[PDB]
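The structure described below contains sildenafil.
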Amino acid sequence: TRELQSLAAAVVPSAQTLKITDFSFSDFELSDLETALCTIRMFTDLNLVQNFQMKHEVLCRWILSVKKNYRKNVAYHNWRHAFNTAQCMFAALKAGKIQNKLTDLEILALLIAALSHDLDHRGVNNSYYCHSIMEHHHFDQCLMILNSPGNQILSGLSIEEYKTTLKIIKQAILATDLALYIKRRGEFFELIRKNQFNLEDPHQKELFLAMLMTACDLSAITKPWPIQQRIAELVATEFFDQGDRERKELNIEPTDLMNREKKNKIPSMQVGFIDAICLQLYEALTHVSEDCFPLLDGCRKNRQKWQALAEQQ
Ligand SMILES: CCCc1nn(C)c2c(=O)[nH]c(-c3cc(S(=O)(=O)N4CCN(C)CC4)ccc3OCC)nc12
Ligand SMILES: [Mg+2]
Ligand SMILES: [Zn+2]
């Protein structure tokens, strides 16, 4: 296609130029093309392109097939969110110094997962066990693209590597199910507290990758105020949209979280979301690597902003 040709023939700026190394990065002013290029730089600077012999044109096609499988009519869960999640993973890996703590395969799997964790999301969200029905679909969507002719970016891996990578990609994507996050963080938080976290432990490694995925998945809550407020409104829109739709089809009354009115409650709930789900996670991550402080730091500053709004409301 023409789009593919443009992407595969364009020059890929340096990560520095793209500014994708900093946690404060923002996509809002970038074109789709620019996000695809950033994505290429991501796979490139993580040495995934050469270490795994990815064919440029195939990588390009795969990036487009993934972007393509996201629905733009969905307010928040679209390509951009997937892209920002991967941008954060890249940032955390580089600026957060998390890269030296993982293997190339773990890294390859995480990048792919971040980009694919919400594939074909329809805008139907949950609340807080649902058995990760949605994430299973996202994975199925990810595998499908990874196997489609011309998009096989994983060809080049041995059979054992492919098997390993696939297993990790699946756990990564399923880990983006908040219910599983809540189900597992307790143990993760205990270790960090008792000061006995050990990445050398296979189980503790998996646990970490899961916490990492959810951390990147929620990265918006850590971005600078202007960006956070903007994305927050996208989240709200999708929820309200779901509340209205859910009431249209089924005669169901939306919980305040999904009801369009009571929108003056977002500051209050954003503070609640941050307290109950984000802060502990980003703080704990800082104990793994102090270079991830910006994430924690950005989360706190947002809680102050939302708190001001709630009182002032
Ligand atoms: C599926 C989306 C998960 C998510 N990602 N991000 C970045 C956010 C976010 O910023 N806010 C919320 C969010 C969460 C709750 S909540 O369910 O968690 N809420 C707070 C805590 N408890 C006490 C109940 C209500 C209420 C409102 C929200 O956003 C309005 C824009 N979810 C996500
Ligand atoms: Mg999801
Ligand atoms: Zn997500």
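Residue numbers count from 1 along this sequence. Per deposition record, X-ray crystallography, 2.3 Å. Both counts, for ligands and for their atoms, begin at 1 and track the order of listing. Heavy atoms only: backbone and side chains are in, while hydrogens, waters and symmetry mates are out.
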Exercise for the section: Give every ligand number or chain letter for sildenafil. Expected result: ligand 1
Handout entry: Greatest-contact chain for sildenafil (ligand 1), named in UniProt
Key = cGMP-specific 3',5'-cyclic phosphodiesterase
Exercise for the section: Specify whether the nearest protein heavy atom to atom 31 (C) of sildenafil (ligand 1) is under 4.0 angstrom away. Expected result: yes
Exercise for the section: Specify the protein heavy atom at minimum distance from atom 7 (C) of sildenafil (ligand 1): its residue, its atom name, and the distance to 0.1 Å. Expected result: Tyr76 OH, 3.4 Å
Handout entry: atom 24 (C) of sildenafil (ligand 1): the protein heavy-atom neighbour that sits closest, reported with distance to 0.1 Å
Key = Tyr128 OH, 3.2 Å
Problem - For atom 27 (C) of sildenafil (ligand 1), closest protein heavy-atom neighbour - result: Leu257 CD1, 3.6 Å
Practice task
Would you mind checking which non-hydrogen protein atom is closest to atom 3 (C) of sildenafil (ligand 1), with the distance to 0.1 Å?
Solution key: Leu178 CD2, 4.5 Å
Handout entry: Which residue and heavy atom of the protein sit nearest atom 4 (C) of sildenafil (ligand 1), plus the separation
Key = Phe273 CZ, 3.9 Å
Problem - Any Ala232 heavy atom less than 4.0 Å from sildenafil (ligand 1) - result: yes
Problem - Numbering as shown, the atoms of sildenafil (ligand 1) that approach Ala236 to under 4.0 Å (heavy-atom distance) - result: 31 (C)
Problem - sildenafil (ligand 1) N/O within reach of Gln270 N/O, cut-off under 3.5 Å - result: yes
Practice task
Tell me which UniProt domain of chain A holds most of the residues near sildenafil (ligand 1).
Solution key: PDEase
Practice task
Give the residues of chain A annotated by UniProt as 3',5'-cyclic GMP-binding that have any non-hydrogen atom less than 4.0 Å from sildenafil (ligand 1).
Solution key: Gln270
Exercise for the section: Compute the least heavy-atom distance between sildenafil (ligand 1) and each UniProt active-site residue of chain A, then give the nearest residue and its distance to 1 Å. Expected result: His77, 4 Å
Exercise for the section: Ignoring hydrogens, tell whether any protein atom lies closer than 4.0 Å to atom 14 (C) of sildenafil (ligand 1); use the non-hydrogen atoms only. Expected result: yes
Exercise for the section: Return yes when at least one protein heavy atom is under 4.0 Å from atom 11 (N) of sildenafil (ligand 1), and no when none is. Expected result: yes
Handout entry: Distance from atom 25 (C) of sildenafil (ligand 1) to nearest protein heavy atom, with residue and atom
Key = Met269 SD, 3.9 Å
Practice task
Identify which residues UniProt lists as binding Mg(2+) in chain A have a non-hydrogen atom closer than 4.0 Å to sildenafil (ligand 1).
Solution key: none
Exercise for the section: Give a yes/no on sildenafil (ligand 1): does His77 have at least one heavy atom closer than 4.0 angstrom to it? Expected result: yes
Problem - 4.0 Å heavy-atom contacts with sildenafil (ligand 1) - result: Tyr76, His77, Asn125, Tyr128, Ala220, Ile221, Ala232, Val235, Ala236, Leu257, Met269, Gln270, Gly272, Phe273
